[PDB]
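Opening notes on salicylamide bound to Non-structural protein 3.
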Amino acid sequence: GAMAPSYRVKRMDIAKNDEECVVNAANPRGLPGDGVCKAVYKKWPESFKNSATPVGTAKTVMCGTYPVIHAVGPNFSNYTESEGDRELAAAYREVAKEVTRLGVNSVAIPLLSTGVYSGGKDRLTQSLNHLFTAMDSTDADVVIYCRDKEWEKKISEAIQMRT
Ligand SMILES: NC(=O)c1ccccc1O
Ligand SMILES: NC(=O)c1ccccc1O
Ligand SMILES: [Cl-]
Ligand SMILES: [Cl-]
Ligand SMILES: [Cl-]
């Protein structure tokens, strides 16, 4: 575990992270995808061997010895708000199990279901709160990656508020 487990946020490409493993915002079929998923495919293409996994789950594939945790958030275009909320919470609980199993001291994580899978809604708070619910009981250093300057400030505020 980390000596003093923390949350941090950085506004940069998750493919350039400084952590011991990465969470991919994957699609269920293990396809190259868009946004985070396409950056992860360019950086760690070997980790897409048999990465397909259902919505609400996470499947880890090694790229060399570097673990890529493929986490499948729901597409809110297809799910009801209620069922989508349930699957989004479940994906993050499976990420926490994988981070724990791997015995890593740090993890790079995007906000699941906030891009193409958001169904055109702002889900920063919804996705971040499910991330905290899952990861608060883990002792890894968590580093959240985002692109938007206003999202960086809002994620930083939410982290700082809890202390
Ligand atoms: N400003 C950027 O280029 C950037 C920042 C965060 C994530 C992906 C990116 O391409
Ligand atoms: N490559 C990225 O990390 C990125 C790309 C799109 C949106 C958010 C992100 O953090
Ligand atoms: Cl960058
Ligand atoms: Cl997304
Ligand atoms: Cl963002």
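Note that the numbering runs from 1 along the sequence shown for the chain. No hydrogens, no waters, no symmetry mates; every other heavy atom, side chains included, goes into these values. So how was this one determined? The header says X-ray crystallography, 1.5 Å. In each ligand, atom 1 is the first atom listed, and ligand 1 is the first ligand listed.
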Notebook entry, point to check: What parts of this PDB structure belong to salicylamide?
Noted result: ligands 1 and 2
Next item on the list: List every atom of salicylamide (ligand 2) that sits less than 4.0 Å from any heavy atom of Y145, numbering the atoms from 1 in the order shown and giving each element.
Entry: 10 (O)
Check: Most of the contacts with salicylamide (ligand 2) on chain A come from which UniProt domain?
Finding: Macro
Check: Which residue and non-hydrogen atom of the protein lie closest to atom 8 (C) of salicylamide (ligand 2), and at what distance in Å?
Finding: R147 CB, 3.8 Å
Margin query: Which residue and atom name correspond to the protein heavy atom nearest atom 9 (C) of salicylamide (ligand 2), and how close is it?
Written below: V36 CG2, 3.6 Å
Note to self: Does salicylamide (ligand 2) come near enough to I14 that some N or O of the ligand is less than 3.5 Å from an N or O of the residue?
What the structure shows: yes
Next item on the list: Point out the residues of chain A that UniProt assigns to ADP-D-ribose binding and that have a heavy atom under 4.0 Å from salicylamide (ligand 2).
Entry: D13
Next item on the list: Please identify which atoms of salicylamide (ligand 2) are closer than 4.0 Å to at least one heavy atom of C146.
Entry: 10 (O)
Notebook entry, point to check: What atoms in salicylamide (ligand 2) come closer than 4.0 Å to a heavy atom of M12?
Noted result: 3 (O)
Item checked: Protein contact of atom 1 (N) of salicylamide (ligand 2) - nearest heavy atom, named by residue and atom, plus distance -> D13 OD1, 2.9 Å
Notebook entry, point to check: So is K38 close enough to salicylamide (ligand 2), meaning a heavy atom under 4.0 angstrom away?
Noted result: no
Next item on the list: Define the binding site of salicylamide (ligand 2) at 4.0 Å using heavy atoms, by chain and number.
Entry: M12, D13, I14, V36, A39, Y145, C146, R147
Expected rows: salicylamide (ligand 2) N/O, protein N/O, dist below 3.5 Å:
{"unit_1": "salicylamide (ligand 2)", "atom_1": "1 (N)", "unit_2": "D13", "atom_2": "OD1", "d": "2.9"}
{"unit_1": "salicylamide (ligand 2)", "atom_1": "3 (O)", "unit_2": "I14", "atom_2": "N", "d": "2.8"}

